[PDB]
Amino acid sequence: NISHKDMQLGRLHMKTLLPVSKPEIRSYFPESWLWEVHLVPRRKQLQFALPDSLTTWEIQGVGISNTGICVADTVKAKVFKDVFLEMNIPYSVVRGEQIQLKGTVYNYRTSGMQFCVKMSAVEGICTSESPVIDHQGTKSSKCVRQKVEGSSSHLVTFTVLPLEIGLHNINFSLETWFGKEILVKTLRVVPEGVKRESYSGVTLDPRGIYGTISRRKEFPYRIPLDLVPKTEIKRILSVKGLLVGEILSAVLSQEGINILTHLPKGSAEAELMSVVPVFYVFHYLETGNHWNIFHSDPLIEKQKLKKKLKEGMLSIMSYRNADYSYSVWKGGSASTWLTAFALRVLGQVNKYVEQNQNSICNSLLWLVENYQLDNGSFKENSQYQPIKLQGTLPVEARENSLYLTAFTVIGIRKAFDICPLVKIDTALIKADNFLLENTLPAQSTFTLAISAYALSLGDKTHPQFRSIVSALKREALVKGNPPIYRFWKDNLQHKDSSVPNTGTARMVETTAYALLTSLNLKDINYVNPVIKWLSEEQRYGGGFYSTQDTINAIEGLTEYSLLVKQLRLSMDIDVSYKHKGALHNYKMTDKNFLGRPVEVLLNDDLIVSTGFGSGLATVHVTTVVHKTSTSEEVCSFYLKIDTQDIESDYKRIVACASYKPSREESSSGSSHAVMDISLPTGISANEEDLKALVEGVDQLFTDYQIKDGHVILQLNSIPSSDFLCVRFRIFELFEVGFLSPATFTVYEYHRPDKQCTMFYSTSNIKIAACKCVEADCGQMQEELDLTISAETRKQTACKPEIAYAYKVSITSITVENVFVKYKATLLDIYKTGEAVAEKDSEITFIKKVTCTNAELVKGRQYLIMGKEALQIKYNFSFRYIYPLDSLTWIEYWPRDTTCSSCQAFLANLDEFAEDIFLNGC
Amino acid sequence: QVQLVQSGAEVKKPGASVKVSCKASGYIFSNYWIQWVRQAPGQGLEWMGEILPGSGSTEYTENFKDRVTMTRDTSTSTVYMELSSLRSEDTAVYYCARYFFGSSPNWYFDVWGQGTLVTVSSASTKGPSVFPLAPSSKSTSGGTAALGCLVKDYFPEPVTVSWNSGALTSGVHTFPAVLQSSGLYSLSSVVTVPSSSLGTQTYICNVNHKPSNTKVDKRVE
Amino acid sequence: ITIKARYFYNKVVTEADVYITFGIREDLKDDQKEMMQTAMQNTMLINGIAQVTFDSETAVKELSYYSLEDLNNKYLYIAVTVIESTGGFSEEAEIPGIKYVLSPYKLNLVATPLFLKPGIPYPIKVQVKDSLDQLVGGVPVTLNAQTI
Amino acid sequence: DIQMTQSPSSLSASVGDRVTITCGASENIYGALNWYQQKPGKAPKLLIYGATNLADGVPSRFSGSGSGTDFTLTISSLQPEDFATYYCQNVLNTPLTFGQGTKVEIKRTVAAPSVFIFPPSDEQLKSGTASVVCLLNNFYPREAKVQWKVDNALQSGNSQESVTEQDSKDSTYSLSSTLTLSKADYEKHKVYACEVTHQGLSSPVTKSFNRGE
Ligand SMILES: *[C@@H]1O[C@H](CO)[C@@H](O[C@@H]2O[C@H](CO)[C@@H](O[C@@H]3O[C@H](CO)[C@@H](O)[C@H](O)[C@@H]3O)[C@H](O)[C@H]2NC(C)=O)[C@H](O)[C@H]1NC(C)=O
């Protein structure tokens, strides 16, 4: 019965005294400067320039000498500007969107002032005006003069729209009567559709020490079917001189340590992974005594990398609770799993950096005595489900307990030497026995592999252990005779021979645990195909698909490079395009193998060749593209998302998903999962709603973050039974129009291979469309007949821009991502251009959906003259596509009917038809 | 090009709101401000206001605050003006002008309107009365004698007066009017001739009042 | 009390509904405090400024210790919460404490040791400061004494 | 806020004279001042802007001096186009303001006024309104002294004058006086006399009309 008065009064009363308070700060102060220390002989001068900030800078000083210490009088310096102009530019805008940019002009002047603001039109942006006047001597954008009062602030907007992809320069002129001031700003224009990355690796061993010689590889130029028009393909090439050379380059070549994946940082796991590259790099450097690579001082780099290491280790301390138990999320219920994982981290790091021994002991004790069963198996504490396992409910729970036990055995084994203890050794024997005698009834190669590694770090003389070893060796998968590649899968009922040749996070995990087991058991002749596979399965960033696979895979690679003695690196390398000319050639030695990653500029089939030399050279090429459709992909989730409106009142967004398990999977739901919602251009979301969906005991999601206009959530499990929905209000920041759809993606965290993607939007109707709305898209001539005469159509038809002129019939109309694809069958040919148009083939046409001028009717015959004939290559075939411009000709074709005007129309049309079919021009 | 059209002369009562508009032609309408200014007759002029076409932004003088209304129409490229609760002393000549904001410290009033004469209604409309003014016998000394006609008790202005229907274009003077206490005017129109030409000749004073639709002829002897 | 809600630099907030609360605090390092059951309310901040007045007597005595001197060397905690009428944005702000001081003056001895010497005149040099710990002259000073 | 005043009200200028007109403001506008002129009953044309620069189509005969809170305008030689009313303005602060106007005295001379007397008529006295009209022609300067005599009665406030602008022939003014009385108060008197005193006239000229002859 309360109105909206008490409604907010209640939450205002309950905000306080239930909690004590929360730590946080609403202001930000950047890195301080002038921290230098100097020796002054009674006189010194240091000149420099101030930062751009409106700030009172208090510059104070201290000094000491053999006399003592002296406090210099604090000097006051305040940077201020009375007339200042702020400019708001969004992170990213997609071409074709009519977008107004708003900006705020502020004035501190005593009294009122009037101003003007000029927009600088850059050649790839229609201003809806094109105000630039080149008529007179000095060119300007004109202006709308606006006024502001004294010490006031006024808003000014400008409506624009991009054309070229990524046109980054726009100028703004602020003009008062006192004069002018210039503000340069950048505009990000991003391709439409969705980003997708294809990875092609190759390993180089010209000597064939490791079982094959490879001097060359060809990565072709493959255009995707759904690729967005007017968008070129991105190619990045990385050439490094060792199996781990790409990781080392990830640490050293880029000063800041880059996240190896695009996965979100929310979980404590992702914070733990941030120290992995620094650690393993340190391991290879110190153990093999390879520090000689630095031309600079080696020891300085030892202290720098050691410091990065310690900082990365203390990075995850925030998730540690009061009992030294580590929780998967901040303040959440601690999980035995993540605690064991962190115990493995600290257990390995304690070699080169001594951690707190007491804390380690307390953690081990907590997970050991806190959660363990009477048979030695381990029970998971929190509701966190690390992975989904094959088999029905008894098989899935049994397999899950097996996986958790093997995992915690791995962790405790790695860290045991820091705090050797009677009790933890006893429980180690318990869980080890459970693994030994319950693993042999094998179910999936995943669990068998992880148990094989856990038991591999323990006693290696057990006959049951060697039996598990013989079975996992029985499950191997090999490519080539003699063995070239070797890896593993999930083999339960999958014992049929199938290799889709698609890298799976789960697959890389299984084969990784197998490899580590081999490295500890030291069977070398068995290993080389596996490292041959993983070294070519790596990405440019040095990271693999997921976290769990990447950690163990990197440890395997590093230990391999540290066991078998690396060979001296001497190679003459060159990359060149097949038909096109040659690109940069790498002459690579032990000194510079870290050289720059080079992007492949030209579009051609790529070929890499090497002369005779020794060593192991990793060459990886990653390829970024955009495409318009998800219809080809493999969707693992029911997805539905839409936008409602409420009753001040706002707009609402709701997304929903459900898990679609495979036949081997059970109905228990999904594992740790992530929901990414791309926000359309110029509309934000309500922080308070998500913060409410997270921060309390009923939490529907464990963590939320907003990154670069993306709303990303994490959740323990996605139920297969019904739909789960996230719901939040949204805000319109500025007026947008003809906005392009955005992406809604859901995937499993530890195996992104299971994912589903979807396009979504707020809502769409027609705008009026007047000023520069249609950009060179389409024109359609009127129905029936006009003053248009067949010989004028002869002028336009044989026009050298026009390649082809023929009439066709409408077959199909498909709407794909703001772009219209018309299937049509040919009718009568007159003159064709460089492309061959066969009779009655099903061809395609493209249309920009924002154009209400030219539209097409279902199944009606039309006369078309196109200027351009476009081609695409599948490498086995070449398919043609016909663009539709505003310079292309479209005229309606009636069928045989006698309307009062029809006869003369068919007369003109046939007259032109036979005039041009005469090859007259 | 630069074309600004001004409304026609309006006559309304003391306190009845009056409307006057200005039309913009030849340039981009919504990109330049439009200014309204008032000249009271015979004395200085007072700045009234400005308006931004298409942003509708308005600002006024605080003396005339809440007496003034400016509106904008982009369809016809026109701007409208309304004055409520004005009075007889407000009525004056009103002009429109275009503010040109230069890209340097050059700020103009650029193109101007034709002006609108606005007048207050006093006793609605009334026709002129024309009363002779004759010379005398003994008051003319030797070289000079004057004769004329008086146009009185008329409304509204103007009154176009001629002599012999335009036959005297030189040596003929006419005095602008002055308001009476009844809401009427008194204006005089005379001509000077020697005493001999005054004695014998026919001078007919023609009085044409267009707004009241009246003509009065005067025989001056 | 005057509160100012602004956006960035000089940009003022237009329409706001503001709610204010008060409390009695023992010191500035105590994270708790005694809240006051009757607090001003629903004052609309217009053009980025709002003003209220606070009666210490009226808002304390009936709720708590009722004499103006009983609050000495004890602070006053203020909590302000502002909601934007147009956009629904809510934000908080606070003043941790304001010291209730009985006498605006505070006294301290200067250059006068606490030991008297028999037969010599005993100097007593007294110093007068304000609530800012700043010297204030022209202050009358009364010295009463008893000897044993 | 900010406003300015214009000086002087008028100044005497021969066809070849050199004259100056100034105005000054509340606060310093720096260079923000504009000058323009208006011909009677027409829209004013922009002459000087920024207190210095000359407009296109504006001859070089017009000079001006523009700095500070005080602004001046200089004409070295007057022209037939230079006879009008003048105004000064500031473009700077949000409330644009203006000046009080400037009148140009066209001719340098001292003329001799003409005094004529015009009693009412037979058609005029039938409606009950008698107007005694006194006439002054072609004098200079604009200020004149018109005094009424109706048998030792000077009637001021029931009489209304009118001033005509300069006749372009000789460039001198003209003035009329219409005394509006009823017909009941018009018959009380006999001898009517109008007296005119002028700068270029030493002896005030009186013209009379007799009633009852
Ligand atoms: C927006 O502001 C930028 C500010 O950088 C301006 O760009 C200017 O563009 C001119 C182009 O003629 C540049 O001049 C060129 O300099 C090179 C030497 O670097 C010389 O070889 C060329 O012949 C030419 O003189 C100029 O450096 C550059 N920057 C300035 C003036 O600061 C310009 O005002 C605006 N540009 C756009 C694209 O809107």
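Simply put, chain letters go A, B, ... down the sequence lines. The numbers used for chain A are those of the PDB entry, and the residues that appear cover 741-1387, 1397-1516, 1523-1676, in sequence. By the numbers in the PDB entry, the shown part of chain B spans 1-221. Following the PDB entry, chain C residues are numbered 248-395, in order. The PDB entry numbering applies to chain D: residues 1-213, in that order. Contacts are counted only within the shown part of the entry, which is not the complete deposit.
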Greatest-contact chain for chains B and D, named in the PDB entry: Complement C5
Drug identity at chains B and D: eculizumab
Other chains with a heavy atom under 4.5 Å from eculizumab: A
Heavy-atom pair count under 4.5 Å with chain A, best chain of eculizumab: chain B
Entry source species for chain A: Homo sapiens
